[PDB]
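Depicted below, FG-2216 in association with Egl nine homolog 1.
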Amino acid sequence: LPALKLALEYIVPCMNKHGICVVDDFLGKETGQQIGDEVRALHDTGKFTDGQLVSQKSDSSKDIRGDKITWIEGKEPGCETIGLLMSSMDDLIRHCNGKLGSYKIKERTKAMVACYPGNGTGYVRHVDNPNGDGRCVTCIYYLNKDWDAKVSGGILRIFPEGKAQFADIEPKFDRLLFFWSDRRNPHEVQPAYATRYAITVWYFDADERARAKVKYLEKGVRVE
Ligand SMILES: O=C(O)CNC(=O)c1nc(Cl)c2ccccc2c1O
Ligand SMILES: [Mn+2]
């Protein structure tokens, strides 16, 4: 589907109504599987971190580690299809310009590729941007073939503010997710019992990001 039909007929109205929007079959099986292959090669050649320290045991051989990450620009060798994914995310956001809230999105982060190793670890409940750092939209792409949450867990559970219910999103192959990054969407990753990959990009609102630079004042200018 053109980034445009999807953006204008589904993503824009969904984000303004619900703030949480799922697109399945974003890139297709061939491109999705190539991204999966690039991510697995990154993992298998040791490009990820060792994982979030979960239990700091007295003996370190007993330390439990969780989600592993790596930051990907998209131009690295063997990340070209990841870069294609990122360009496709950018195309979608660009076709939403001036329709996502009142936000104006001119910049994003690099991609954070995450691997939950499948050892029962998840990710605690949190808000992506609780303190106004500029991030207004969180975009996650999943690449887990035939994921069965009843068996492997790993559901993303979101707790939409003001609503007495949560929204459970399975980390399905070739699924793209958008949600507001601020306190509207506290969320958690339930324990994952199989290897679980995701690629996240955050989009900045230009105003919020510009004034965030005041708080984090960071390179300066010489006086004398
Ligand atoms: O993977 C998912 O479905 C959702 N993941 C996250 O919400 C998530 N959020 C943050 Cl802020 C981090 C931050 C660092 C590493 C992994 C993260 C993560 O998986
Ligand atoms: Mn998060």
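Shown for chain A, in order and in the PDB entry numbering: 188-404, 407-413. Start at 1 and go down the list; that is how both ligands and their atoms are numbered. Only heavy atoms go into these numbers, but all of them, side chains included; no hydrogens, no water, no symmetry mates.
FG-2216, all copies counted: located at ligand 1. In the deposited model, no covalent adduct of FG-2216 forms with a chain. Here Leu364 has no heavy atoms under 4.0 Å from FG-2216, in either its backbone or its side chain.
For atom 1 (O) of FG-2216, the closest heavy atom belonging to the protein is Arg383 NH1, 2.7 Å. The region of chain A touching FG-2216 is mostly the UniProt domain Fe2OG dioxygenase.
Every atom of FG-2216 with a heavy atom of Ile256 under 4.0 Å away is listed here by number and element: 15 (C). Remark: FG-2216 atoms within the under-4.0 Å shell around heavy atoms of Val376 are 1 (O), 2 (C), 3 (O), 4 (C), 5 (N). UniProt lists residues of chain A as binding 2-oxoglutarate; of these, a heavy atom within 4.0 Å of FG-2216 is found for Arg383.
Of all atoms in FG-2216, listed by their number and element, those nearer than 4.0 Å to a heavy atom of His374 are 7 (O). FG-2216 has a nitrogen or oxygen under 3.5 angstrom from a nitrogen or oxygen of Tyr329. Within a heavy-atom distance under 4.0 Å, FG-2216 reaches the following UniProt Fe cation-binding residues of chain A: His313, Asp315, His374. Geometrically, FG-2216 and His313 share a nitrogen or oxygen pair separated by less than 3.5 Å. Among the ligands and ions shown, the ones besides FG-2216 lying under 4.0 Å from that drug are ligand 2 (manganese (II) ion). The residue from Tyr303, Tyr310, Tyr384 that puts a heavy atom closest to atom 19 (O) of FG-2216 is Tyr303. The proximity of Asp315 to FG-2216, defined as any non-hydrogen pair under 4.0 Å, is limited to the side chain. Atoms of FG-2216 lying under 4.0 Å from any heavy atom of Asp254, numbered from 1 in the order shown and given with element: 15 (C), 16 (C). The closest approach between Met299 and FG-2216 falls below 4.0 Å for a heavy atom of the residue. Heavy atoms within 4.0 Å of FG-2216 belong to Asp254, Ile256, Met299, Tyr303, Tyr310, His313, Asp315, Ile327, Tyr329, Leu343, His374, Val376, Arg383.
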